[PDB]
Every structure is written in structure tokens, then in C-alpha cells.
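Shown here: isoniazid bound to Catalase-peroxidase.
Note on naming: letters A, B, ... go to the chains in the order of the sequence lines (proteins, then strands), and numbering restarts at 1 for each one. Counting starts at 1 for both ligands and their atoms, following the listed order. Per the header: X-ray crystallography, 1.9 Å. All heavy atoms count here, side chains included; hydrogens, waters and symmetry mates do not.
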Number of protein chains: 2
Amino acid sequence: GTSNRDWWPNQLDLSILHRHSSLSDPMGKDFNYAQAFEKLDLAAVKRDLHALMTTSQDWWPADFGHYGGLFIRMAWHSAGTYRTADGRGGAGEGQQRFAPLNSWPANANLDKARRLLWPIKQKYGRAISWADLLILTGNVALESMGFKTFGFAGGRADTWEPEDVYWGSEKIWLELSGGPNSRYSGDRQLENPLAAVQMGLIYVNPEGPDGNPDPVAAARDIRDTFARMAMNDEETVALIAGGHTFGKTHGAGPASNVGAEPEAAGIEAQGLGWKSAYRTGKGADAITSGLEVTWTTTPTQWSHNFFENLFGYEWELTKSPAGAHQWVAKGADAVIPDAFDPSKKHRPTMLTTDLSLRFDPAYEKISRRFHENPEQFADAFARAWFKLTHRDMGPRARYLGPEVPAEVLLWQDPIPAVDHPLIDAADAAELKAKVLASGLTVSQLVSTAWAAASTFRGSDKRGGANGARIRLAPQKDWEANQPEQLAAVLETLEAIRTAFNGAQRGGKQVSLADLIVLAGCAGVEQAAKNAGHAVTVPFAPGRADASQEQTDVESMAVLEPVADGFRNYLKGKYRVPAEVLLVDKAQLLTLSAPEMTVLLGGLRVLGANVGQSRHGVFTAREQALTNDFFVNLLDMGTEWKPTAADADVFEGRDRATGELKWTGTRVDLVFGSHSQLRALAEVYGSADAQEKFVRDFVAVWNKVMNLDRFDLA
Amino acid sequence: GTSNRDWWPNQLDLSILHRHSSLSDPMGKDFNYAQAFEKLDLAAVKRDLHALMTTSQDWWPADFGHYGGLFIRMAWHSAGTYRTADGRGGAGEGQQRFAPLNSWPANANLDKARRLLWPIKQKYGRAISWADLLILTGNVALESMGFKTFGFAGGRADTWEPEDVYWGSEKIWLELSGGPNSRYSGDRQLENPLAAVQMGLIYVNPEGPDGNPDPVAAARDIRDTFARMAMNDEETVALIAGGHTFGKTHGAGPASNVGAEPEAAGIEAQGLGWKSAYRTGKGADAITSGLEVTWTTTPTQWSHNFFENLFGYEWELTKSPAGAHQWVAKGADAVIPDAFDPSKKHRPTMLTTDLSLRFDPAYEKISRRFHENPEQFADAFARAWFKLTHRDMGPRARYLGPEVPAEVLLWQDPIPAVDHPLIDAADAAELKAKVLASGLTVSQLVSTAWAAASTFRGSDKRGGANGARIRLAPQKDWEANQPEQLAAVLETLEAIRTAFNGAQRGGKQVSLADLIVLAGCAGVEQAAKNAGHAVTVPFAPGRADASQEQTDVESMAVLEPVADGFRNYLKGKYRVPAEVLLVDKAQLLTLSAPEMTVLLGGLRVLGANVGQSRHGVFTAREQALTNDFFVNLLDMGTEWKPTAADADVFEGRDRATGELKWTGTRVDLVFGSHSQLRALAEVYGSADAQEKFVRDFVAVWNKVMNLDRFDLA
Ligand code: HEM
Ligand code: HEM
Ligand SMILES: NNC(=O)c1ccncc1
Ligand SMILES: NNC(=O)c1ccncc1
Ligand SMILES: NNC(=O)c1ccncc1
Ligand SMILES: NNC(=O)c1ccncc1
Ligand SMILES: [Cl-]
Ligand SMILES: [Cl-]
Ligand code: NA
Ligand code: NA
């Protein structure tokens with residue numbers, strides 16, 4: 001069947017905004033996963049998972065009699081798709097169970113691991129999500145094998161369809177770099193927002209870069225990709241050596257024995273894939289990656305034997321039975337147990353990427369410290385495993401259950417507890433009138449609140465106005481935030497706050513985070529009044545102010561908005577057209593196409609553009625909240641043409657006289673071009689729509705102001 | 001960006017069930033278009049439209065000073081995508097304004113037409129849909145030019161994204177037959193459900209079949225495609241000759257001067273396309289189809305000149321200025337006016353497809369009668385135009401406004417008005433107890449009600465249980481309906497009804513349509529009781545019984561369910577896999593994927609399969625409403641393989657013993673294979689889900705029973 005994507009492969013795709021509707025969700029619209037989870041008997045779940053670890057099923061027999069290694073790799077892969085650049089990927093939505101992740105080559109035979117867990121999922125039903133179960137299972141594995149975890153939080157609600165994520169442009173699984181859709185350019189520079197070296201891998205190629213078995217060069221790829229997953233050198237060494245303390249790889253025969261991935265298999269495979277014609281197809285004959293390595297002498301128990309081996313032997317390049325490059329210990333005795341035959345033993349083996357931990361000079365120092373002090377190793381691995389598996393969960397307010405750790409970690413962008421009474425509606429009214437009396441304009445108040453709140457991204461639930469981090473490094477100096485204007489606004493609001501707080505009793509006070517948002521609300525109310533409309537913008541207090549010491553400046557860098565179509569901003573010239581970047585930002589904000597449209601049209605006429613650009617400001621009453629953007633955009637009396645200076649800027653001229661009326665960007669004009677967006681613009685540009693436009697704008701403004709407010713969930 | 005449809009281009013696409021969510025719709029979920037329309041001043045809209053007819057805009061000047069012909073073509077195209085095979089296409093959702101129809105080659109320059117209507121649309125806002133406006137505009141064009149219409153109904157609610165319709169598999173616009181994705185096989189047999197001869201055309205090629213200018217051969221294509229749009233020979237002649245009484249074609253220069261269609265044009269084109277480099281690009285220089293034909297001596301007035309010309313001259317094959325085949329009248333004077341220059345006249349011209357009306361022997365007889373009796377032509381064209389433009393609107397209950405014709409037409413599948421008191425809840429309880437005391441089984445009650453109600457399709461709103469057409473020809477004889485079983489059920493119900501109605505006073509009675517549905521509800525209640533659940537199923541009375549003379553047997557043929565996965569039925573072996581047909585049927589039923597899933601799993605255990613097939617009947621308590629389908633389907637204790645006898649039937653065997661436990665079709669096993677469907681099955685196969693399953697099943701049952709109940713809207 002030929003589709004619109006086939007005929008117009010470069011048109012903008014809006015379906016990405018319209019996923020996760022109540023149509024596709026089988027749970028009631030009233031279902032609240034947090035409340036279901038809070039009544040789960042988590043201890044009972046963990047006992048069943050503990051019993052599972054050593055209950056081998058004949059359709060996928062457990063190596064060494066223990067599924068622990070399999071499940072730790074399963075949880076690691078669930079979390080390991082995360083990219084700091086956009087927050088997309090991670091374990092938080094249980095997306096391993098859907099396309100394309102369920103069928104990535106690097107996920108081969110994790111379909112078996114998930115199926116092992118069905119009986120437990122079936123038993124507990126809606127009170128534990130797949131997403132939470134995958135993580136919990138990896139924790140129980142580690143515990144059952146003698147490793148003390150740092151903690152676990154529930155609260156990952158299941159999703160019911162695949163996410164639309166850019167995983168790369170290659171058309172061939174595992175394609176080596178330098179092809180027509182190369183994710184690499186220059187000196188091995190990986191394109192943003194990607195965090196893997198090849199399409200269908202998690203981080204790196206276990207044989208080495210593009211299959212070249214050089215541990216030194218492999219270390220560069222490890223460092224790059226792990227950094228793009230928010231992990232530093234210590235964390236990376238802890239994780240890889242920690243994971244590879246357990247279990248084994250599977251490469252018993254040639255890879256050409258392995259059939260179709262789950263999404264391509266026949267109907268009879270019932271959602272499983274990679275069916276293998278090599279010998280029994282499973283167990284001792286398993287083929288997963290094509291590598292055949294077993295790292296330690298006790299693969300089913302926590303130990304420090306990974307480093308004892310890595311440092312205690314010299315390593316020789318060899319090939320598995322499938323032909324993959326891997327390494328074996330020179331001169332060693334057969335000390336590693338076999339997974340099925342207790343009368344066979346093997347020499348120690350390693351992957352190229354394991355040897356990176358010894359042959360890269362910065363890794364080596366950490367690996368040596370962890371070898372000499374395995375208690376330091378254990379603690380670093382526990383902390384890193386917690387971070388790995390929770391990095392996309394969002395604020396601590398979303399963490400559920402009895403195993404949540406009490407230690408607050410810097411990477412959580414923590415927000416202090418509120419320890420005083422909050423402002424009420426009459427105080428809010430009083431503050432809004434003081435803000436308006438100070439002389440701050442609609443444009444300044446709207447712009448500042450939009451800057452503070454619009455750092456939120458629903459992908460990993462980081463960012464938003466809670467914390468008042470806009471006043472801190474590095475937000476206060478971002479070019480999109482207009483640092484000089486911002487500093488002057490913030491100083492006026494801080495003086496209002498100090499005067500309000502100093503006049504109170506009872507210990508009531510207002511945070512600056514709350515006041516920035518409330519001042520934005522006042523701005524919107526005043527804009528509506530300027531157009532002849534009386535509205536109240538809803539406001540919910542309770543935000544708190546974070547300190548600079550509770551804010552990791554480097555980790556905050558990925559939230560910098562380099563493209564923000566809502567403020568008509570583009571920090572430089574990109575390969576991706578600006579309208580595509582708009583839709584991308586809208587998806588991170590959790591906005592539908594109607595919400596995006598109304599929000600943008602309102603922000604234009606309120607003066608939210610960076611630098612006070614007149615691009616898209618299609619009104620003669622700036623700072624009044626009207627539907628003028630839409631009415632003027634859609635006026636066929638105006639003709640539009642790209643400028644000589646810039647193909648990305650357009651002049652709108654009177655068709656009859658040639659007089660210049662307006663200028664706009666691709667982000668402004670896409671609303672009069674794209675057939676679905678123009679149909680939305682028409683609704684808000686109609687003669688009956690001014691009241692609807694105001695009401696819808698206020699509702700979307702309030703939604704953005706509240707995006708991080710999980711303390712009110 | 002590589003997507004899941006790139007990697008797995010044959011996987012089933014569920015997004016078609018999850019279109020038209022409240023996420024993409026800008027109107028509130030409380031918006032009710034019928035109520036808005038009811039307040040429209042329709043008379044005022046018609047005055048504005050009359051004014052527009054001769055208000056020429058310089059960017060697309062009106063031929064002859066009058067846009068009437070352009071608008072008639074616009075409305076005809078809006079309606080003309082309709083296919084009786086699936087009811088998809090038609091004017092009823094205003095889809096001409098979205099991709100791909102906004103950019104079909106046959107819709108060239110109708111983007112100009114729609115843009116001329118923007119000021120009117122803007123003025124009246126939500127109180128007139130685009131969908132209604134396009135048709136109303138065609139009506140007003142006809143009236144402005146002297147032709148009295150049969151009437152008009154409002155009520156086509158706008159839609160807000162493109163529909164997912166199969167328009168064909170060709171990858172080239174207008175591709176000629178016999179390519180790699182040919183829509184034709186055998187002796188020029190057009191594949192179902194298509195109703196056009198080439199990708200991007202409405203019905204046929206105006207130059208003749210595959211561009212060969214043979215009017216007799218063209219007539220065969222006209223007849224076949226018009227029949228696939230629900231039109232007979234008389235209606236077809238009346239429509240083509242009536243349309244081509246007005247206006248002209250556009251082919252002033254070579255087609256290579258015409259640029260990108262709207263979905264491919266640059267953003268500065270603001271939603272318009274086909275910009276032409278030929279002279280001024282417009283008006284006298286316009287290029288639309290490439291043909292250059294003006295049919296009558298008065299193109300802006302209703303006349304009898306079409307047939308006078310067709311019969312009064314002999315025709316010679318010639319070429320337009322763009323190179324297209326067309327016909328000119330031999331020996332004629334220059335009697336046809338020019339559209340822009342009062343000192344130019346032209347000879348009569350015709351399309352190949354106009355000459356079909358004279359040289360096909362069956363059309364010739366009609367054309368002659370219309371020539372000799374122009375009042376019969378007029379009346380035929382008025383009735384046909386009404387039909388063309390309302391064929392997809394559904395029951396008369398959905399027709400709004402003051403110009404609805406009072407005459408009831410056969411093609412509307414009319415249902416008599418109810419003129420007596422309806423049954424109340426006490427009566428309903430009494431009838432259900434009688435049905436249950438008669439000996440009818442769960443399986444019979446469920447199957448008969450399902451058969452009655454599941455003929456509905458939302459694409460054109462035909463079908464459903466209202467009218468009790470299941471008792472009439474041809475529904476009573478469909479193999480999917482099990483004619484012998486059905487006849488025995490219906491005779492028992494008719495005896496129940498006759499005894500109930502004979503005992504009443506005050507004129508109360510129950511229709512057979514209502515009793516079929518009510519008996520189906522009793523069967524569901526009984527099934528729930530069989531499983532230990534106390535469930536009352538909602539029922540709404542008010543259906544009426546249509547007669548045989550109100551039921552066109554030929555028009556009913558397209559509702560015959562040749563694939564109904566809900567009853568595990570397939571009438572023959574088709575090239576489209578059966579799970580694709582299941583999703584297609586779900587879409588016509590208006591079901592989401594969770595609704596499809598719950599409905600199918602329950603029907604399987606209630607005994608709704610055709611012929612009492614055991615395929616997918618994964619329970620040992622048939623006729624009890626349980627979630628057994630899901631629990632057994634997902635049991636990993638069973639392994640599945642296609643049978644040797646048949647690749648489309650599967651055997652499920654105990655993994656450990658090899659013993660056969662179940663059989664299933666592709667439709668059954670898809671629920672355990674497709675990763676999204678299996679995630680839904682898991683929710684209903686969980687240990688906490690038995691009550692959920694029963695309740696969701698009842699809700700979806702009721703939804704299907706009420707699909708055609710526009711009398712209660
Ligand atoms: C440079 C990063 C990494 C590379 C290239 C990598 C590579 C692989 C490969 C190729 C396999 C074999 C798959 C198979 O044949 O069954 C595997 C197994 C495994 N990996 Fe990793 N790994 C990495 C990091 C991690 C991390 C961070 C963890 C967890 C903390 C992890 C835990 C495991 C475990 C437990 C297994 C054994 C699975 C089993 O017993 O079935 N790995 N690794
Ligand atoms: C066999 C069926 C038909 C064929 C092949 C066909 C073909 C066409 C073609 C090629 C054009 C020229 C487009 C252009 O260059 O501007 C056209 C114009 C037109 N057709 Fe048809 N036609 C069909 C049936 C209909 C029907 C059923 C109606 C309406 C009842 C209709 C009404 C019109 C009108 C009014 C125009 C003139 C447009 C103008 O003045 O801009 N046609 N037809
Ligand atoms: N822990 N990572 C893996 O299992 C893997 C990595 C690369 N190819 C196959 C499997
Ligand atoms: N691909 N996923 C995201 O963009 C996203 C997910 C959940 N909420 C907002 C954005
Ligand atoms: N009325 N049908 C059309 O205008 C058409 C058919 C084929 N090519 C262009 C236009
Ligand atoms: N393609 N459009 C349809 O199939 C449809 C439209 C409205 N309700 C059900 C189905
Ligand atoms: Cl994601
Ligand atoms: Cl459609
Ligand atoms: Na994420
Ligand atoms: Na339709």
C-alpha cells in the first residue's frame with residue numbers, strides 16, 4: 001500500500017505528537033500505576049524472582065543452572081539505550097518489549113529472558129509494570145548471587161506502543177562506519193543525539209571499532225558512548241567489570257545458523273526470534289553474539305575474579321566458533337567451569353572491550369584501584385547500577401516503594417523539601433499585582449517564565465521551573481535566555497520576594513521558583529486584559545529553590561535549548577530543518593499538534609522571541625493576547641518569498657501593492673504550509689475563535705508551567 | 001531517520017485504529033458539530049457563496065468571469081473518491097484538504113478553489129465544516145448557473161488528519177496498467193477495493209484507457225469504475241453530461257511547465273501547488289489536466305447544448321496544446337466562447353470519455369432519451385448529484401438543516417419511523433427470560449446478534465442491526481451468517497415476538513431488530529452467569545424493521561463479510577494476509593486495538609465462530625465468558641507450528657510431551673505474535689484481570705450493538 005511517507009518522504013511527521021493516546025491504552029482512563037504499585041507486595045515478587053533464578057526451563061536452559069547473568073544483561077540493555085542529548089531511550093517506559101528494540105541485534109535472545117518472566121508478570125498483573133519488572137529482575141539476580149544493591153524505586157508506568165526515536169539513518173543492521181548514512185564524520189565524531197557506534201548496538205562493538213580488535217582504540221569508543229549515556233570513567237569501569245563478573249557470552253557455532261529477529265519471524269514463533277539450526281539451538285549450543293567467553297571461575301557468584309583475571313594473565317587474540325575476535329589467557333589452566341558439562345573446564349577469556357579496561361591508561365588506574373580494593377569496586381558498581389537503571393525516572397518524587405535509597409544524589413538534580421506554609425490565592429493575587437506594578441513588561445514576564453519552564457523534557461523527566469535553576473550556572477548564561485535581560489528581571493523579582501517574605505508571619509514564604517512562574521502568569525493575565533479579556537491563569541505553589549552546590553553544571557549542559565521554535569531561536573545552522581526541530585521540542589514538552597499551534601501563536605504576539613525579533617510577530621498589538629498570528633498568517637492578501645540574504649527568512653508583501661508587511665522564519669510559515677498544521681491554524685484564525693484561543697492558550701501555558709510538578713501527582 | 005515500517009515493511013500497522021484521537025482534534029471532546037451547524041444561518045452562507053461566484057481574484061482569475069465550473073469540479077472530486085467496496089473515500093470527512101488527496105494529479109488546481117473559500121470558512125467558523133462547505137459550494141454553483149438542485153444536508157463533521165486508505169500499490173503517479181504493482185489482472189479486472197483506473201485519478205483517464213483514445217473501450221472503464229462508486233448507467237450518463245454542461249478544461253501549454261504538487265512545494269507557496277511557468281501561469285494560460293476542451297456555447301448557464309453537440313457533429317481526433325488526445329467537431333463554425341477574450345470563438349470539442357456516451361450502445365440509448373427529453377435529463381442529474389454528494393452520509397437521521405429533501409430514496413437503506421411506545425426495562429427483562437427459556441444457546445444468541453450488528457462500517461455509515469435486514473435477502477443467505485442456523489434462530493425469535501406483541505395494549509410492540517439485539521444481550525448475560533459473574537448488559541430499544549422493498553439487494557452485496565476475523569471466517573484464499581483483513585474490519589467497526597482484542601477473545605469462547613470451528617477456541621468451558629483465550633494463548637507450555645495440509649492453520653502442542661492441545665488460524669495467533677497485540681493480550685491474560693475482561697467485553701459488545709443508532713445521537 002503506498003503511503004504519504006512514501007510520496008513525500010521529507011514532509012514533517014506530526015504522528016509523533018499523537019502517540020500515547022487513551023485509544024491504544026488498555027487500562028482505564030482513571031488507572032493510576034503509582035497507586036497500584038504502592039500496594040504491591042514487593043517482597044513476595046522478589047521471592048518469586050529469586051526462585052526463578054534457579055528453575056531452568058527446557059526451551060531455554062539456564063547456563064550453570066542460574067539465569068542471573070542473562071537477566072542482568074537484560075536489565076542493562078533495557079537501561080542502556082539512554083542518550084543524555086535528548087533523554088530518549090532508557091528503561092523507564094519498558095520499550096525493550098516493542099519494535100525496534102525488541103529486535104535489535106544486540107538484544108538477541110533477551111526475548112527468551114522476557115518470556116521467562118511472564119508467569120510472574122501474569123501473577124502480579126497491573127501492580128507491577130514490565131518496565132519496573134525488568135529492572136527489579138536484574139536487582140534480584142545480583143542479590144541472589146551475593147551482591148548488595150544500592151536500592152530500587154518503582155514507578156515506571158508501562159507504555160503500549162513504540163516510541164518514535166531517531167536511532168540513526170543507516171538502512172542496514174550493524175552497518176560499519178563511513179557508508180552513505182554514516183553516523184560518523186571528521187575525526188570519528190559521532191552525530192548527536194546518537195550514543196551507539198552502529199545501528200542496533202547498545203554502546204560499542206565488543207570486537208572493537210568497526211570490528212578491529214584493538215583494545216586501545218575500543219576504549220575511545222567506550223569512553224565516548226558512555227559519556228553520551230551520562231557515565232564518567234569510574235562509573236564506566238565499574239559497570240563493565242561488574243556486569244562481566246557474571247555469566248557468559250554465546251557463540252557455539254556459525255552465525256549463519258541463526259534465523260529471523262522477532263519482528264521478522266513467523267507467526268508461529270509467538271513473539272520470539274533468532275531461532276537457531278545449530279545443534280539443539282539452545283543451552284550448550286546457544287548462539288547470541290557469536291562470541292564465546294566466560295569471564296570468571298564462579299559465573300554465578302559475586303567475586304573480584306574479573307580483575308584478578310584481567311591483570312593476572314597475558315592475552316592472545318583468537319576466534320570463537322562463529323569466527324568472532326576474542327582473547328584467551330596465555331598459558332593458563334582450565335579453571336573456568338563449563339555451563340552444562342561438569343567434567344569440562346576452560347581457559348579464561350576476555351572481549352576486546354574488557355581488555356580496554358587494562359590497556360587504556362586512564363581506565364587502567366581505576367581498574368587497578370578496584371583490583372586492589374574490591375570493596376571500592378563493589379560500592380562504585382552498586383552506585384552506578386542504581387544510576388544506570390534510574391537515570392530517566394525523573395525527580396525523586398516519582399520514586400516508589402520500600403527500597404528507595406535515602407541518599408540524595410547529585411545527578412538527580414535534587415530539589416530541597418519545602419518546610420513552611422505556602423502562599424494562598426489571596427497572596428498570589430497580591431504578588432501578581434506587585435509584579436505588574438514594578439514595571440516589568442508582559443514580554444519580559446512571559447519570556448522569563450517560558451525560559452525557566454521549557455527546559456523540561458518528558459523523555460527523562462529532567463528540567464522545568466522547579467528549583468529556580470534559571471538563576472544558576474549554567475542556565476543564567478545561556479544565549480537563548482538573554483542573560484542581561486534575565487539578570488535584570490530576576491533582580492526585580494528577588495526584591496519583590498524579599499519584601500513579601502519579610503512581611504509575613506507564621507513562617508509563610510514564597511520561593512523564587514514559584515514567583516518566576518507566578519510572574520509569568522501575571523504577564524499572561526495582563527496580556528489578556530490588554531486585549532479586553534478577563535482571565536485568571538491557574539497557579540499551583542510548592543516549588544523550592546535548589547542551590548548551586550546541588551546543581552551539576554556539566555550535566556545541565558544537555559538541557560540548553562539550541563533550537564527553540566517557541567522563541568524563534570536557532571543557535572546555529574543545522575542540517576535538520578527548523579520545523580523538524582520544532583516538532584522535536586514539542587514532543588519533549590509532551591504537547592499535541594493543537595497545543596503546539598496555540599502555544600506558538602500566542603507566544604509570538606506576547607513578545608517571547610529571543611532578541612525581540614519581529615519574525616512571526618504578526619500583529620499591530622504586541623503584548624496583547626489575541627489570535628492575530630493566525631488571522632494574519634492565513635491572509636491570502638499577503639504573498640511570501642524567501643529573502644536574497646537568507647533562504648530561511650521570508651518576506652510577506654501585499655499582493656496588490658508590493659508593500660512589506662511582515663517577515664517570518666520556516667517555523668512561522670510552516671503553519672501556513674503543512675496541510676495538517678494549516679487546518680489547525682484555520683480554527684484559531686476564524687472569526688468565532690478569539691475566546692477559544694485565549695482559553696486554550698491559558699490551558700497550554702499552565703500545562704507547561706506544571707510539567708515537572710510530580711510533587712502534586 | 002530509519003523507522004519500524006522501513007525495517008519490517010510487512011508487519012501489521014495498528015496506527016490505523018488509533019487515528020482520530022482527541023490528541024489531534026483541536027475542538028473540545030465535548031464539541032458537537034451537529035449542534036453548531038443547527039445554529040448556522042445557512043441562507044447567509046448561500047448568499048456569500050453566490051457573491052463569490054463572480055468575484056474574480058487576480059491570483060486565479062475566473063474563467064468566463066464565473067468560478068461555477070471550477071467549484072462543481074471541486075465538489076464532484078470531493079465525492080468522487082468513494083468506493084462501495086469498503087465505503088472509504090467520499091466527501092463526508094473533507095479529506096480533499098489533506099494528503100494525499102490534496103496533491104493527487106486529478107485534483108490539480110482545486111487547491112485554488114479551496115483557498116477561494118477561506119474567507120467564508122473564516123467568517124462562519126466552526127458552524128460550517130469544510131466537508132459541508134465543499135458540497136454546499138457545488139450546490140450553489142449549480143443554482144447560480146440556472147440549475148435547481150434536489151436538496152442539501154449538512155452534518156459532515158470535519159476530520160483533522162489524513163485517513164489511512166489503500167489507494168493502490170503503485171510507486172509512480174498515474175502509472176499505466178501492467179507495471180510491477182499493477183491494479184489490473186486478467187481481462188482488465190480492477191482489484192478490490194479500488195475504484196479508479198490509475199493512481200491519482202478519480203475514476204478514469206479522460207484520454208481513454210491507458211491513454212488510448214478509443215471511446216468504446218473508455219466506456220467499459222467508465223461503467224466499471226462508476227459501478228464501483230455505486231452508480232448505474234442512467235446515473236453515470238446524467239452525471240458526466242450534467243457536469244460537462246458547465247465550464248472547461250485547462251491545457252494551454254506543455255505540462256512540463258507545471259511545478260510541484262502542494263505536499264512537495266516550498267513553504268513559501270503556503271499550501272498551494274502546481275505553479276506554472278507557462279506565460280502568466282493562470283487564467284487564459286492555465287494548465288490543469290493538459291486538455292483544452294469547452295463543451296457548450298454557454299459554459300456558465302445550464303443548457304441542453306451538451307447532447308446537441310455530442311449528436312449533432314461528427315468528431316475528429318486531435319491534440320491539445322499540451323499534446324493530449326481530444327476531439328473536435330468536423331466542419332463546425334467557431335461557436336464556443338473563449339474564457340477571457342470576447343473576440344475569440346472556438347469549435348466544439350469533446351473528451352474521449354464524453355464520446356463514450358454516444359458510442360457505447362447502452363449509453364447511447366440513455367443519451368438519446370436525455371437529448372429528446374431534457375426534463376428527464378435534468379431530473380436524473382439532480383437526483384444523481386444528490387446521491388453522489390450524500391452517498392457516504394449514512395442514515396437519514398444524520399441529515400441536518402432546512403434543505404433536506406423529504407423524499408426517501410432506496411439507496412439510503414431507509415428504516416421506517418417508529419410510531420408506537422417502546423419496550424421498557426420490565427419488558428426487556430421479560431423478553432430476555434423468554435429467549436433463555438426457549439432453548440436457544442449462548443452460541444446461537446451471540447452469533448446471530450454479532451451477524452446482525454457487525455455489518456456496520458463507519459467509512460460510509462452503512463450497515464448495522466437497525467432494520468433487521470439480517471432476515472431479508474441477501475443477508476439471510478450469506479455463508480458467514482450460517483443460513484440454516486440463522487433461519488432456526490429467527491423463527492424462534494419471531495414466535496417470541498408475535499406472542500409478546502399479541503399480549504400488549506396501548507400499541508406497544510417490539511421490533512425484530514430490537515429483539516435480535518436484546519436476545520444477543522441475554523446470551524452474553526447467560527455466558528457471564530455460566531462463569532460465575534452477575535452481569536446486566538445495557539440495551540437501547542428503538543430499532544425498526546425495514547422491508548424487502550426498502551432493501552436493494554445488489555447494493556447490499558458489498559456489505560457481505562468475506563473476511564471476518566471475529567468469527568474466524570475467510571470466504572476464499574486472498575493475497576492479503578488474514579490479520580491485515582482483521583485490522584481493516586476493526587477500523588470499519590470503529591474499534592481501537594484494545595477493543596478489537598477484548599472483543600475477539602470473548603467471541604472465541606462464546607462460540608461465535610462460523611461452523612463451530614475449534615480454531616482459537618482456547619477454553620474447556622465454551623459458552624462461559626472468561627479470559628481463557630488470553631491465558632491459554634500466552635501459555636509458554638505450548639509450542640506452535642503451521643500444519644503440513646495448510647500454512648494458514650497452526651497446531652499448538654505441549655512442549656514436554658508433544659501432545660496436541662489446540663489449533664488456530666493466523667487471526668488467532670497474531671495476538672501472541674505482534675508485539676503490540678501481545679502486550680494487550682497480556683493485560684487480559686493476567687491473574688487480576690477476569691473482572692476487567694468481563695466488563696470491557698460488555699462495554700465493547702454494547703458499542704457494536706449501537707454503531708448505527710444515529711436516532712439516539
Ligand atoms: C563496553 C560495554 C559492553 C560490551 C561491549 C558488552 C558486551 C557483551 C556481549 C557481546 C555479551 C554476550 C552476549 C551473548 O552472546 O550472550 C555480553 C554479556 C553480558 N554482559 Fe556485557 N557488555 C558491555 C557492558 C555491560 C554492562 C555495563 C553490564 C552490566 C552492568 C553488562 C552485563 C553483561 C552480562 C551479565 C552478560 C552475560 C549474559 C549471560 O550470562 O547470558 N555488560 N556483554
Ligand atoms: C468519466 C468521468 C469524467 C471524466 C474523465 C472527467 C474529466 C474531466 C477533466 C479532464 C476535466 C478538466 C480538468 C481541467 O483541466 O481543468 C474536467 C472538468 C470538469 N468536470 Fe469532469 N470528468 C468526469 C466526470 C465529471 C462529473 C461526474 C462531473 C460533475 C457532475 C464533472 C464536472 C466537471 C466540470 C464542471 C468541469 C469543469 C471545470 C472548470 O470549469 O474549471 N465531471 N472533467
Ligand atoms: N551487554 N551487551 C551485549 O549483550 C551485546 C553487545 C553487542 N552485541 C551483542 C550483545
Ligand atoms: N521518544 N520519547 C519522547 O520524546 C518523550 C517520551 C515521554 N514524554 C515526552 C517525550
Ligand atoms: N473531473 N475529473 C478531472 O478534473 C480530472 C481527471 C483526470 N485528469 C485531470 C483532471
Ligand atoms: N478510512 N476511513 C475509515 O475507514 C473509517 C472512517 C470512519 N469510521 C470508521 C472507519
Ligand atoms: Cl524513548
Ligand atoms: Cl476515507
Ligand atoms: Na527516555
Ligand atoms: Na467514506
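Location of isoniazid, all copies: ligands 3, 4, 5 and 6.
Contact chains for isoniazid (ligand 4) (heavy atom under 4.0 Å, other chains only): A. In this structure, A/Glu93 counts as a contact residue of isoniazid (ligand 4), since one of its heavy atoms falls inside 4.0 Å of the ligand. Here atom 5 (C) of isoniazid (ligand 4) lies nearest to A/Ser459 when heavy atoms of A/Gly87, A/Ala586, A/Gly90, A/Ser459 are compared.
Residue A/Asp86 places every heavy atom at 4.0 Å or more from isoniazid (ligand 4).
From isoniazid (ligand 4), the nearest residue that UniProt flags as active site in chain A, along with the heavy-atom distance to 1 Å, is A/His77, 14 Å. By the criterion of a heavy-atom distance under 4.0 Å, the backbone of A/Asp164, and not its side chain, is placed next to isoniazid (ligand 4). Note: other ligands/ions under 4.0 Å from isoniazid (ligand 4) - ligand 7 (chloride ion). At the shortest separation from atom 3 (C) of isoniazid (ligand 4) among protein heavy atoms lies A/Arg88 NE, 3.7 Å.
With a cut-off of 4.0 Å on heavy-atom distance, none of the UniProt-listed heme b-binding residues of chain A is close to isoniazid (ligand 4). Atom 10 (C) of isoniazid (ligand 4) has A/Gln587 O, 3.1 Å as its closest protein atom, hydrogens excluded (heavy atom only). Near isoniazid (ligand 4), within 4.0 Å on a heavy-atom basis, the structure shows A/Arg88, A/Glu93, A/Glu163, A/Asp164, A/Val165, A/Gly458, A/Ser459, A/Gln587, A/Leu588, A/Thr590.
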